[PDB]
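Caption: flurbiprofen together with Cytochrome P450 2C9, bound form.
Residues take their numbers from the sequence shown, with the count starting at 1. Computed from heavy atoms alone, side chains included, the values below leave out hydrogens, waters and symmetry copies. Ligands are counted one by one from 1 in listed order, and the atoms in each one are counted from 1 as well.
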Amino acid sequence: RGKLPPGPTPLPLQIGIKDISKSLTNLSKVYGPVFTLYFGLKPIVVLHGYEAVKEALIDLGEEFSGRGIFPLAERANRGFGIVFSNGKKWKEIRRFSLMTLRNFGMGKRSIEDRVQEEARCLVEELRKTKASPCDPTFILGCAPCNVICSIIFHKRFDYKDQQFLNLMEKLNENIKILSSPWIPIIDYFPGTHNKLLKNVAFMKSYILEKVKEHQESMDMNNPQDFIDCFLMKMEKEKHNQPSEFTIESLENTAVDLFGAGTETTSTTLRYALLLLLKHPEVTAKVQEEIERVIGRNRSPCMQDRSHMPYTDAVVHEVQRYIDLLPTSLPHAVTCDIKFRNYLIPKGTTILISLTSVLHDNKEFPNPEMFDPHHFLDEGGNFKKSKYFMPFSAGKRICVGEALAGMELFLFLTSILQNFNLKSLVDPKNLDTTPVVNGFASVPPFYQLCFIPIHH
Ligand code: HEM
Ligand SMILES: C[C@H](C(=O)O)c1ccc(-c2ccccc2)c(F)c1
């Protein structure tokens, strides 16, 4: 009936995602690019190497577009948003969300507009540290969060506003819980499964409040944010019950956007500054390029990227090098499907090795080294690659891809346009080793001084 790929016999201190990825790569050398692992009677089919990831996620896109159940089901019922939903519900909600994020049905103000404003605020906030040692963790967190608040409720907060601090506190808690290391089984239980449930309840409740206020002034000719756009969809979906668009669904999708769009961006920003401190020659050329293409008066805009190949290679290289989500989020096949000499049954969990693609040693010689030239051709031009999959690939590719690319490019250039980065430790001694984490490559702690730029 099914015939899964071969693998090690069943069941294969604190172990992180990077350790797991390393294990998966070692296993691919034994069993090949496609293999099965079992954790109990639970089989997980692993895809390793670009060719197998492409053939599955891209060439059989639909069949591999399902979401893998995960280490639990969340009776909070997370399955009504985008991240953990499946089927028809996922299909319509993901589509709606993609298009709204691409400026459709959200008013005339652009997404870039919002990101440029936050960029300006991020710079002002960084000026407030008065060039004294700073751990940028918090400030780099507020920026991405505020862009999602602006897109979802049409509101951005001061980084000192309690409401805003509360949302981030809850998000950080859930993220730290969901990404705890393993030791067989996850590692969290103490008093946690309930904090996850409660914090989510709190967040949904906070959003529902905003939803209630939007319903008061809802106007079919004036949506200006994600909530208006969603409420206008429900409107058009009435007389066609049961719709996938409901208040429960709007709040869960809103919660997904916050969770998926805050920490990933924030961690990549923090990792980028750390790689910039570590490689002062790279930073200097980014600053040179910023200086000659944009100058220091006007704010950076997305059109500048095509004229700044070194900086574009640097942003790509940060994402490629750090391998933020080594195994993406788990997938599942949507029906029984023949894949090479195998027969995978509907619902089988599929684990993708993004590390195996981002760190392919033939596409990116010396893949373990940080090097902007992994994205530069032999003439120094920007070189795009089919192996650049930090956002994954296929039908489940990060719905926030465009938004995240804008945040990384605009925030990084804004920061480098206004400040020189000064590391306390001598770069040569600066340790860039990732801290153990269950789902993500996270950078170690560091501080730096944001010194108003000078020459
Ligand atoms: C540097 C930043 C980011 C990176 C590297 C990143 C990466 C990813 C990856 C690897 C996935 C899993 C894809 C899969 O299942 O195969 C994903 C999912 C997703 N991301 Fe992002 N992401 C980032 C930021 C964003 C932003 C800014 C948003 C907000 C709009 C966002 C929203 C989501 C959502 C909602 C999902 C789930 C999509 C689905 O299941 O269909 N992400 N992201
Ligand atoms: C807050 C919410 C939750 O279910 O707890 C939630 C929402 C989205 C993410 C998420 C994180 C990184 C990539 C894709 C999704 C997440 F880790 C947590």
Which chain letters or ligand numbers go with flurbiprofen? ligand 2
Which other-chain residues have at least one non-hydrogen atom less than 4.0 Å from flurbiprofen (ligand 2)? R78, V83, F84, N174, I175, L178, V200, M203, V255, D256, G259, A260, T264, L329
Find all atoms of flurbiprofen (ligand 2) within a distance of less than 4.0 Å from any non-hydrogen atom belonging to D256, and give their numbers and elements. 7 (C), 8 (C)
For flurbiprofen (ligand 2), which atoms, with element, lie under 4.0 Å from some heavy atom of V200? 5 (O)
Can you name the other ligands or ions lying under 4.0 Å from flurbiprofen (ligand 2)? ligand 1 (protoporphyrin IX containing FE)
Per-atom contacts, flurbiprofen (ligand 2) versus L329 - under 4.0 Å to a heavy atom: 14 (C)
Students should be able to answer this: which protein heavy-atom is nearest to atom 5 (O) of flurbiprofen (ligand 2), and at what distance? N174 ND2, 3.2 Å
Among all protein non-hydrogen atoms, which one is nearest to atom 12 (C) of flurbiprofen (ligand 2), and what is the separation to 0.1 Å? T264 CG2, 3.8 Å
Should you measure from each heavy atom of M203, which atoms of flurbiprofen (ligand 2) turn up under 4.0 Å away? 1 (C)
Tell me, which protein residue and heavy-atom name are nearest atom 15 (C) of flurbiprofen (ligand 2), and how many Å apart are they? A260 CB, 3.5 Å
Residue and atom name of the nearest protein heavy atom (relative to atom 16 (C) of flurbiprofen (ligand 2)), distance in Å to one decimal: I175 CD1, 4.0 Å
Around atom 7 (C) of flurbiprofen (ligand 2), find the nearest protein heavy atom and jot down its residue, atom name and distance. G259 CA, 3.6 Å
Which atoms of flurbiprofen (ligand 2) are found less than 4.0 Å from any heavy atom of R78? 2 (C), 3 (C), 4 (O), 6 (C), 7 (C)
Give the residues of chain A annotated by UniProt as heme-binding that have any non-hydrogen atom less than 4.0 Å from flurbiprofen (ligand 2). none
Are any protein N/O atoms closer than 3.5 Å to the N/O atoms of flurbiprofen (ligand 2)? If there are, list each pair with names and the distance to one decimal place.
residue	atom	partner	partner atom	Å
flurbiprofen (ligand 2)	4 (O)	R78	NE	2.7
flurbiprofen (ligand 2)	4 (O)	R78	NH2	3.0
flurbiprofen (ligand 2)	5 (O)	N174	ND2	3.2

